[PDB]
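Data block below; observations after.
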4 protein chains.
Amino acid sequence: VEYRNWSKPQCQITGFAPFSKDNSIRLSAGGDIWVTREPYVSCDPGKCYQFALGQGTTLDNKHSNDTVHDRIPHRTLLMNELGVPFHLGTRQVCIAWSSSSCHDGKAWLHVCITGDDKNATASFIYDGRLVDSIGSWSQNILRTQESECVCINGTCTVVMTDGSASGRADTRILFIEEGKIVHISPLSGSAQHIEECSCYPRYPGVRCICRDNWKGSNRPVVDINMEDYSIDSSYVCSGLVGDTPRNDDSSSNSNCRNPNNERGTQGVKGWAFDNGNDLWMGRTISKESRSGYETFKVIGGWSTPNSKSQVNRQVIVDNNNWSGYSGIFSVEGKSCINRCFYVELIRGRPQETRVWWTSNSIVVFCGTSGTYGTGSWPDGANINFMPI
Amino acid sequence: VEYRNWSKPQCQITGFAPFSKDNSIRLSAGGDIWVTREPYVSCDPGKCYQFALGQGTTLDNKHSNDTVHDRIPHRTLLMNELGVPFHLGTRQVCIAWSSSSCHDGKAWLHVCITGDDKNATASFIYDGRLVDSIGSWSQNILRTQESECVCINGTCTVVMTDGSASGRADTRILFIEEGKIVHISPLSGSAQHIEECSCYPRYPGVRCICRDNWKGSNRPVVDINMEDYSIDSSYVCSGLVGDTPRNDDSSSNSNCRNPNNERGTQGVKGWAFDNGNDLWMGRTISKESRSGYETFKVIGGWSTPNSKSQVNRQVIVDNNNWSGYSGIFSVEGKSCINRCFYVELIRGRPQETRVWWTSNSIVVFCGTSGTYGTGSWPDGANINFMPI
Amino acid sequence: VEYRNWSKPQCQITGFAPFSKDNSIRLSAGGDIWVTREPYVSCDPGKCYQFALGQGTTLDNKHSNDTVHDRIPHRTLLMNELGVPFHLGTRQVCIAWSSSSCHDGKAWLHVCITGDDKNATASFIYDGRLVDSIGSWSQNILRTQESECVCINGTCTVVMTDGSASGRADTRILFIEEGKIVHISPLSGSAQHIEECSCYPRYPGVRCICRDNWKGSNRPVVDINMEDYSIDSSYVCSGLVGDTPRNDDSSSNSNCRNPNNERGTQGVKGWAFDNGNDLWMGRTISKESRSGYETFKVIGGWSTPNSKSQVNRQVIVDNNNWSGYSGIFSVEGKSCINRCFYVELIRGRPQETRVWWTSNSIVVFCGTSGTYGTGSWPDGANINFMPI
Amino acid sequence: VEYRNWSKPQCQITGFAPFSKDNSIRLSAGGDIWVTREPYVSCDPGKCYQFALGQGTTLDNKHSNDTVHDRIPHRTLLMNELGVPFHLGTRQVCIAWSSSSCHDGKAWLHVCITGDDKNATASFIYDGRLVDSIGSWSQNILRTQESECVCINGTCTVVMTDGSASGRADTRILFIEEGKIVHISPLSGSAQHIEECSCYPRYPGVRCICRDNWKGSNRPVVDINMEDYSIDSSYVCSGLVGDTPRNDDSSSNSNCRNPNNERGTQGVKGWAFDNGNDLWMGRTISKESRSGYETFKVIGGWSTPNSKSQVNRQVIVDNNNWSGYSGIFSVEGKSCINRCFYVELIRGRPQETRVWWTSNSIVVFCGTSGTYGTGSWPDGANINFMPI
Ligand SMILES: *[C@@H]1O[C@H](CO)[C@@H](O[C@@H]2O[C@H](CO)[C@@H](O[C@@H]3O[C@H](CO)[C@@H](O)[C@H](O[C@H]4O[C@H](CO)[C@@H](O)[C@H](O)[C@@H]4O)[C@@H]3O)[C@H](O)[C@H]2NC(C)=O)[C@H](O)[C@H]1NC(C)=O
Ligand SMILES: *[C@@H]1O[C@H](CO)[C@@H](O[C@@H]2O[C@H](CO)[C@@H](O[C@@H]3O[C@H](CO)[C@@H](O)[C@H](O[C@H]4O[C@H](CO)[C@@H](O)[C@H](O)[C@@H]4O)[C@@H]3O)[C@H](O)[C@H]2NC(C)=O)[C@H](O)[C@H]1NC(C)=O
Ligand SMILES: *[C@@H]1O[C@H](CO)[C@@H](O[C@@H]2O[C@H](CO)[C@@H](O[C@@H]3O[C@H](CO)[C@@H](O)[C@H](O[C@H]4O[C@H](CO)[C@@H](O)[C@H](O)[C@@H]4O)[C@@H]3O)[C@H](O)[C@H]2NC(C)=O)[C@H](O)[C@H]1NC(C)=O
Ligand SMILES: *[C@@H]1O[C@H](CO)[C@@H](O[C@@H]2O[C@H](CO)[C@@H](O[C@@H]3O[C@H](CO)[C@@H](O)[C@H](O[C@H]4O[C@H](CO)[C@@H](O)[C@H](O)[C@@H]4O)[C@@H]3O)[C@H](O)[C@H]2NC(C)=O)[C@H](O)[C@H]1NC(C)=O
Ligand SMILES: *[C@@H]1O[C@H](CO)[C@@H](O[C@@H]2O[C@H](CO)[C@@H](O)[C@H](O)[C@H]2NC(C)=O)[C@H](O)[C@H]1NC(C)=O
Ligand SMILES: *[C@@H]1O[C@H](CO)[C@@H](O[C@@H]2O[C@H](CO)[C@@H](O)[C@H](O)[C@H]2NC(C)=O)[C@H](O)[C@H]1NC(C)=O
Ligand SMILES: *[C@@H]1O[C@H](CO)[C@@H](O[C@@H]2O[C@H](CO)[C@@H](O)[C@H](O)[C@H]2NC(C)=O)[C@H](O)[C@H]1NC(C)=O
Ligand SMILES: CC(=O)N[C@H]1[C@H]([C@H](O)[C@H](O)CO)OC(C(=O)O)=C[C@@H]1NC(=N)N
Ligand SMILES: CC(=O)N[C@H]1[C@H]([C@H](O)[C@H](O)CO)OC(C(=O)O)=C[C@@H]1NC(=N)N
Ligand SMILES: CC(=O)N[C@H]1[C@H]([C@H](O)[C@H](O)CO)OC(C(=O)O)=C[C@@H]1NC(=N)N
Ligand SMILES: CC(=O)N[C@H]1[C@H]([C@H](O)[C@H](O)CO)OC(C(=O)O)=C[C@@H]1NC(=N)N
Ligand SMILES: *[C@@H]1O[C@H](CO)[C@@H](O)[C@H](O)[C@H]1NC(C)=O
Ligand SMILES: [Ca+2]
Ligand SMILES: [Ca+2]
Ligand SMILES: [Ca+2]
Ligand SMILES: [Ca+2]
């Protein structure tokens, strides 16, 4: 078994095709299924796995009460083959209320963060053993991607933040070899706030589209040089911005360099990726709430400031249904690297108060060079049918 | 691991022997079990798997209500080892309300159709990654086999239809290499309506017996040339016809060439295969309803128009019990290729209205050159014992 | 991987030590667990599996009602790693209300009998595919061992009976190569009724201790020559007899040759094996009912007619608790072949009428050359705590 | 695959980082989960497993009533991958109310004790088969480590005791090769009572920190010479003692040689390990009850009698929460052997009488050379939410 290098060109795509769906919430009404949030997907060279942060409880369980909260000691990282719902046989890979995972071609790396808000611990687990750990550097909720990290030639990279959720924070990029932290680079560039990066291999480096929770509804970009550990950052040029909340399409802006100061505070994890001058991106359909989900290509979305010409739109989840987090993952094909994405379908609180829990299912799409039609693939549970 | 060629003679058989049964519905009354329909079986070179289209819910679950419907966004393709019932640990292989799967000797191919009736998407997943996709070509419920596809020397073929369920439609035959569509041939020959083909290797080609939902209660045949992609089609010669509904045996006809125009509209997925001039086939015992299941050999059933001399009949499910879809699968033996079949045993609506759900179990038989007795292997659930 | 030959001497044992227990019935009161009976154990060269005949239902399930009956179409052979209780993820290996299984060193053979009492079918499944089948030869409940078959040098043998349960029947010994029946030998010798043989490798042949359901409370012996297919039979010499019912120790007899005509009608599956002139055997503690279970060595029990000197007794299940079937299995060690046994612990009807079902758990012991103490390892469920 | 030698230096650590947590009890309130106690962790060269002694029942089950008791015939050793909670698919590895397991690089050894208090049997199972057994030598509850044994170059060692729980007993050290007992050494040295040793490889030998249930609240040490089978023993030098009950830190003592006679009777399984003159250890936070859990390094804790200078303290479980047993396990890294530990989190009786059962979950930490923060990772179940 050899290290992944991801040294193939990016697959040229025409859009995305249905890949997976787990129906977690529908099943929870007739079976013992984990309460989760912050899911993601990552694949070893052979097969794909679905991940999520458990809440230390199943849904039909009095412990499901008040699971809207983000951080408790009982949250653990769950890992199943993609499409296997989180049943009671699911392995809890580590303790985590924030995480990132990736396979370097030989073994799995898991980055798991847990403990006190003001003094958290990140554990680094590789090939099934704890290899390293680091403590909070800013004493304010050390946190990471909530989607896959990326490895090239045996070095995995992950983006981590510690500090204010509504102001300048301390973001660092780690380089990890077989679970051992070998280098840490400070964030550099023009991005002013970085959270929950959705990263992907772009040989010879790694590129990330993240969440600015402070002043931007445009998404920050973090570029990682795997050769000399140097870091650059900016913002996605597209005038059709990807965060939520955000202004409507007719009044949104991005200059590629600065946070737009348009409903900048708060946000949601998301993704986008470049193709030459163009940009493929997803976002919630609603501009103010985590409702609906759409993807499209923005012409000049990567290179041209404030570009707003889109094409190849697809509805993933219609705007009558709840969405949530979304993130990218990459899958190596015979001759090219394909881009896929998942979306978290959040049910329960705070939006749906009939129940006292908060959980999610997922739906997953992959880049295609073929053709496709239309549809909508929401969570599908009837809130009135659920144990409260 | 080498590609399958299926280049062995067909096993000579005297009938069929019991192979598998999952007791899905009986178990659903005391356990969390998926609601399904449209099951099938396919085997890799080592072992067999049972497949089915889930309804995104378990049976003892309020979401089981009104699962009689064929197409919702939450249907996914399930896959377990044969004889492992669809419990909550079952892997959902892809999103699909119509599907076909097959192993080429190296990896699994999955053809998964989902989305809007008028604009569906078929995803092609090979070796655990999405490789290709195609959109609806006639904007009227793109649909496929609901049983195993067939691969020879690295090329897998599958039959798909788009268009009217009760009139001329657009049927195409796809040739797929490692998940990539390399050629598409239009249907040719005298078959006038093609649905839900049950295909099997007949080296050097592939042969399919299908469902004519328009004018024929005789089953159409599709012959696929894997070498030059040419297509031929006709109808099973046997005067004992295999569709449901159909005329009684004394007034049924087939001329090998045209739909018989006898209770031709509607139908059910089924199978048959040739042995020289003779035909082995199954069908429901009832001529108008999906009740009972019987197999027999028709002497001259392949070569002689309107032949009605049968022998070696076996009851699989007696006519007091519900059946449903049936399909063929092929298993490679030491010196010959054996033919097997499964029978879908539908319970619930529309026939059984005490409950509000629709689901199924399966029973499976394989060709034998030995001897055997008699029996009946129905679903076995007591509708009165079921959660409604 | 090479065929098993079992060409090592039998391990010299001092008695038996605890090996496994599944607690099936206790768990059934708080979890979804298969209803079973007629369990056994068999191991591949690496590890051991527990088998049983399911009743097509879990215990906490209205379908568990009236499962005291021996034969329905929904019974299937279940197979898990030893110690894994029959949960809903259990694989149903074949359709069977009577069975036998064994591994020849390369793959698993399953002999599965189902269908009508008067016209049953035995299916032979090898390496995951149906290879052969035979129909009933006496039209009266074709039946087999309910414990492991035995393979030497690629040839597996199994004992089958068809005909009266209370009079002369038609017993045959099959020889099977990779699932294919290659020879069938009639029973020969002085055994007058043969059922449910517990067989073991005794290189170069196979030896079986069985159940005479007609005239003997002494257990029949069947000796199988794997070289020329010849068959011999007799009765265990020991004056301490192994069947239930039987006379008490002071009035029981065996002459090694004929059924003793002592409470000979009815019986229970059991086991014993020879060591030189001596015999190791198990039996129920009660002489009339399937209660308790004990093992001991009879001095001269193999060679001396009516020998009644025992030593090294061990209580496996005390006489205040229900037992049932028991059988032998053999495990290859570094330098010798060890003998182990399981016992079926039957709960429910007909003995316990508070519940309407019949099921079992198991306890398993293996031969030891070391030392050991005392105990009792019954089912352990409180009948009053059970779903009825 | 080669035998383990553990011939690498001990990893230098700065403390411990979060590794695993199973949330057993929270899950038991909404799912079918085994009732357990006496858990531990052990890893093969690739991955880690969690073990525990089942009570032959799930928690939401009437059989969970009165499971506070230590020894019943239905207790079996459970084994899952670490982080997989004990669901119904869990393998019961052997019958046991006391156990120890370890992997020698090639296969698993299991030491399983069950049967009558006065006449127990220890079974030795290696590579999936029973290889040896030994009977009770003092007729008073033969018992062992309840944590991993240790193997070097194909020889595994385990510590066992038989005799008084509150007086002089008979402790022996077994050396086992491929499941076969090759030598037994009597305890020697100054330790006066030995139970439940937590052992670890310290090449070329093995070192154990145990429980003195008679006169010491200081923990006994047992040193095992794997080359000549010689045994030495003493007591942990640290004046900060590790047993419960114990004197408070101001009035506790140890002289490295003798039991301290400070609240010496009773106790709890625990651990510690040396690093030069220093000691890393864990213990309950409460000095009289199994509540809370803390780790720290004692400067001179290994070499200096009565040393009480600690540093690098970490709270694992705060003193408002129940703990229980704890034990060490060792994990081979690229260049060093790391030390890890688990903590048993006991819920139910006798401390919490709303419920009638006794069970536990686990939390697991591994040594780190990196940095870390603070937290508390208790069981987390709400006793009021539990089935009683
Ligand atoms: C069957 O399915 C196919 C494939 O999904 C589908 O074709 C697609 O239609 C959409 C919508 O027309 C196309 O995407 C659009 O492209 C135009 C540029 O040509 C953009 O201007 C559009 O964006 C505007 O309109 C959107 C609403 O449609 C707004 O949300 C957005 O803010 C803009 O105002 C949009 O991106 C897409 O390019 C094609 N795909 C392909 C490959 O042709 C087809 O319509 C379906 N057929 C039917 C009748 O259902
Ligand atoms: C024990 O089991 C064996 C094996 O199943 C069984 O033998 C089989 O009997 C059936 C029924 O007689 C045979 O099948 C028939 O073959 C004749 C030609 O010889 C056909 O004419 C029959 O078809 C007509 O009758 C059917 C009803 O039986 C109608 O449904 C049909 O429309 C036709 O009118 C039928 O195909 C079969 O050939 C044998 N199998 C073998 C290998 O011998 C035997 O009867 C069983 N014994 C008992 C008493 O259960
Ligand atoms: C601790 O455990 C050991 C191992 O189990 C145990 O030693 C065993 O005791 C039994 C009972 O005494 C021995 O078996 C007996 O052997 C004598 C011949 O020496 C037979 O006569 C006995 O059979 C008669 O008695 C039985 C009841 O005990 C009747 O059921 C039977 O019908 C006969 O009347 C019986 O087989 C056995 O040999 C030893 N095992 C060894 C290896 O020594 C020991 O007793 C236990 N200690 C205590 C005090 O519990
Ligand atoms: C963020 O996390 C870090 C890492 O956990 C943490 O630093 C640690 O603080 C503890 C507590 O001060 C240190 O442990 C102490 O070490 C001193 C010697 O230097 C000992 O005297 C202490 O023992 C006494 O006090 C204990 C209570 O704190 C008593 O229980 C005990 O009986 C003694 O009286 C204790 O061992 C530890 O060394 C550091 N760790 C490192 C690596 O620096 C830090 O405090 C956290 N920050 C916050 C604000 O949460
Ligand atoms: C399954 O769903 C159906 C449809 O909603 C339910 O039946 C309906 O119940 C409503 C409310 O009482 C009635 O007003 C309608 O007349 C019913 N519809 C039909 C078509 O009969 C039914 O209750 C559900 N089944 C279960 C078991 O909950
Ligand atoms: C198991 O099945 C039997 C047979 O139906 C049930 O016993 C019968 O119950 C009916 C209706 O409740 C009574 O009228 C009959 O008197 C019973 N028949 C017999 C033979 O006693 C029994 O109730 C079922 N058990 C459970 C728990 O459902
Ligand atoms: C657990 O078992 C105990 C003991 O049987 C039960 O408590 C007893 O109940 C009986 C009958 O009601 C009383 O007479 C005794 O006084 C009780 N014993 C004790 C020690 O209190 C208890 O009910 C069981 N728990 C549950 C939830 O079923
Ligand atoms: C570590 C932590 O709690 N991270 C958060 C996160 C966070 O609050 C913001 O991004 C602000 O910094 O946002 C939210 C959110 O849904 O917006 C979920 C996360 N939940 C978990 N990761 N557990
Ligand atoms: C795609 C789809 O909905 N196909 C159908 C199918 C169909 O309606 C006819 O064949 C007419 O074209 O028939 C039936 C049927 O039970 O008759 C089940 C199917 N259900 C599913 N495949 N889900
Ligand atoms: C095939 C069949 O029904 N065999 C029987 C069996 C049998 O009735 C006698 O041995 C008489 O011939 O006995 C019993 C019994 O417990 O005695 C269980 C079996 N149950 C099952 N094997 N399913
Ligand atoms: C074999 C046995 O029953 N051992 C004990 C044990 C024991 O009583 C003492 O150490 C004194 O000898 O302590 C306790 C304990 O929680 O204190 C748990 C054990 N339970 C089990 N191992 N099952
Ligand atoms: C959840 O907890 C809240 C706050 O304690 C309580 O008011 C509510 O009743 C709980 N919900 C359920 C379903 O028990
Ligand atoms: Ca924002
Ligand atoms: Ca038709
Ligand atoms: Ca008898
Ligand atoms: Ca003590």
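Simply put, chain letters go A, B, ... down the sequence lines. We number chain A the way the PDB entry does; in order, the residues shown are 82-469. Per the PDB entry, chain B residues shown: 82-469, in order. Throughout, chain C uses the PDB entry numbering, with the displayed residues spanning 82-469 in order. Chain D is numbered as in the PDB entry; shown residues: 82-469, in order. Excluded from the calculations below are hydrogen atoms, water molecules and symmetry mates; all remaining heavy atoms, backbone and side chain alike, are included. Just so you know, ligand 1 is whichever comes first in the structure, and atom 1 is the first atom listed for that ligand. Method reported for this entry: X-ray crystallography, 1.9 Å.
- PDB records give the name of the drug at ligand 10 as zanamivir.
- The chain forming the most contacts with zanamivir (ligand 10) in this entry appears in the PDB entry as Neuraminidase.
- Other chains, heavy atom under 4.0 Å from zanamivir (ligand 10): C.
- Counting only non-hydrogen atoms, the option in C:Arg224, C:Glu276, C:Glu277 that gets closest to atom 5 (C) of zanamivir (ligand 10) is C:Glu277.
- The entry attributes the origin of chain C to Influenza A virus.
- Applying the 4.0 Å criterion to heavy atoms of C:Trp178 picks out, from zanamivir (ligand 10), the atoms 1 (C), 21 (C), 22 (N), 23 (N).
- Zanamivir (ligand 10) has no nitrogen or oxygen under 3.5 angstrom from a nitrogen or oxygen of C:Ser179.
- Relative to atom 17 (O) of zanamivir (ligand 10), the option among C:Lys350, C:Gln347, C:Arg371 with the closest non-hydrogen atom is C:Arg371.
- In this structure, atom 19 (C) of zanamivir (ligand 10) is in close contact with the protein, since a protein heavy atom lies within 4.0 Å of it.
- Within zanamivir (ligand 10), the atoms closer than 4.0 Å to a non-hydrogen atom of C:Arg156 are 23 (N), numbered from 1 in the order shown.
- The heavy-atom binding site of zanamivir (ligand 10) at 4.0 Å consists of C:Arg118, C:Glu119, C:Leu134, C:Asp151, C:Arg152, C:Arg156, C:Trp178, C:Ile222, C:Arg224, C:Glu227, C:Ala246, C:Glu276, C:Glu277, C:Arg292, C:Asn294, C:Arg371, C:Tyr406.
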